Q: 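So that we are looking at the same thing, I have put the structure below in structure tokens.
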Amino acid sequence: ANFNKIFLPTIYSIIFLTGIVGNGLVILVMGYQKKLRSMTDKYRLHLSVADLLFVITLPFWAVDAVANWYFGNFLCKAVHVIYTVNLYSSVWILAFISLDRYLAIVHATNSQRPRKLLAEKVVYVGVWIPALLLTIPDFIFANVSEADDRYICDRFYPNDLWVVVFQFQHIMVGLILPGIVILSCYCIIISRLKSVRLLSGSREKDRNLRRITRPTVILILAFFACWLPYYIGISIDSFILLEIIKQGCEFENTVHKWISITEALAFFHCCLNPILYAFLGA
Amino acid sequence: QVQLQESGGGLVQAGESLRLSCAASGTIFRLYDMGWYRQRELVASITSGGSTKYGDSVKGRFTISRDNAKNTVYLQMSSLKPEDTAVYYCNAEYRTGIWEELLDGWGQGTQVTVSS
Ligand SMILES: c1cc(CN2CCCNCCNCCCNCC2)ccc1CN1CCCNCCNCCCNCC1
Ligand SMILES: CC(C)CCC[C@@H](C)[C@H]1CC[C@H]2[C@@H]3CC=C4C[C@@H](O)CC[C@]4(C)[C@H]3CC[C@]12C
């Protein structure tokens, strides 16, 4: 396992440096230098905060993958809580961006009130509070074992049924619910774009709408393209748990390697907003 | 970009029938409005939905048409008058992409002369 032992820390450190640099730059610029333009920038600020939290918690995972875990049960619980909060916050702030764009484009006459309220007093309730509440199993279950040699910092459910239940609800919520909301919103938006001669009532409003809309499409596509293979891997694993999939013992180790490598590569979602700012900031 | 041309002009006797043409080809994502002008005197313009907006001086006089397959617009002329001897400019509104703004266009021009 030398290949994995050398591969994991390098990726966890590259992502860590890039996340610190990009997310710190974005947060400083849009929090103190006042470069915020519209509601999409507020949503991207919230995304940057969540990604900064996860990037801060990454080095502990790097050290854990290198040799061992010398940090403690409290730090194990903290890193698990931070990871879950970041995941559920980002995957749904994306859906809030999609809803904002749908309201802006489809109903362009009187969207100011349900475009201002939905971001000024509803984003917290819709994103952070369910994200905080979903971390109660992290408090209950996240622990540090004392197996031979190494110390393991993972979640130890009493029985495998809860393992499959938690995997299914994670997949369900964080891939399907924003997935369906984004599908509906962007299908309607794209159907509007290809048909309406002139959105709103002036050419400048039309071009502003298109220019604001496109980066969010690119961001959502990149996010889902990064996160999808990990979900495929854990879906195959869960179907291995339930007595459906059964092949030779080589399949188990192949799936373990696939899921580990793909999670390492899917942690790249934290570096998307700074990259899009770099691409579209000339 | 896109290319638009005009044709159908020449020396024609009064009271004859002809059909002007204006074909657009190239990086076309969608054509929205296509019309003929004569400043900018709106004499005919057919939307993609067929809701034509004829001019006041040609009310009940000119007939317009459009072939979405060939991206062409046809102007059916009939009952020529000496006051109608002018040069017509093909005008069209197009778009080069989903995220691109509305781009206007113009044609080279066609001259129609009435014998006298
Ligand atoms: C998840 C699920 C799995 C699949 N299985 C698990 C048990 C069910 N499967 C039994 C039956 N399946 C037969 C083959 C199973 N092979 C894989 C085991 C493998 C890997 C992961 C992801 N991380 C990997 C650890 C390193 N991540 C660092 C950051 N992590 C932060 C928190 C996430 N911590 C979870 C663990
Ligand atoms: C439902 C779950 C399983 C998957 C969700 C994936 C969604 C969010 C992703 C995956 C593929 C994506 C689409 C891929 C291609 C296009 C065509 C482009 O011109 C506009 C964006 C659009 C329409 C994307 C919108 C977002 C999209 C539908």
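A, B, C, ... go to the sequence lines in the order they are written. The numbers used for chain A are those of the PDB entry, and the residues that appear cover 34-315, in sequence. Sequence positions for chain B are given in the PDB entry numbering; the residues included correspond to 3-40, 46-123, in order. Counting starts at 1 for both ligands and their atoms, in listed order. Hydrogens, waters and symmetry mates are skipped; everything else that's a heavy atom, side chains included, is used.
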Q: Okay, next thing: the drug at ligand 1, what is it?
A: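 The drug there is plerixafor.
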Q: I keep wondering which chain grabs plerixafor the most here. What name does UniProt give it?
A: C-X-C chemokine receptor type 4
Q: Can you tell me which other chains reach within 4.0 Å of plerixafor? Heavy atoms only, strictly under.
A: A
Q: For plerixafor, which UniProt-numbered transmembrane segments of chain A (counting from the N terminus) have a heavy atom within less than 4.0 Å?
A: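 Those would be UniProt segments 1, 2, 3, 5, 6, 7, going by heavy atoms.
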Q: What residues sit within 4.0 Å of plerixafor, counting only heavy atoms?
A: A:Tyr45, A:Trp94, A:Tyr116, A:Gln200, A:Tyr263, A:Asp270, A:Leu274, A:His289, A:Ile292, A:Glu296, A:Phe300
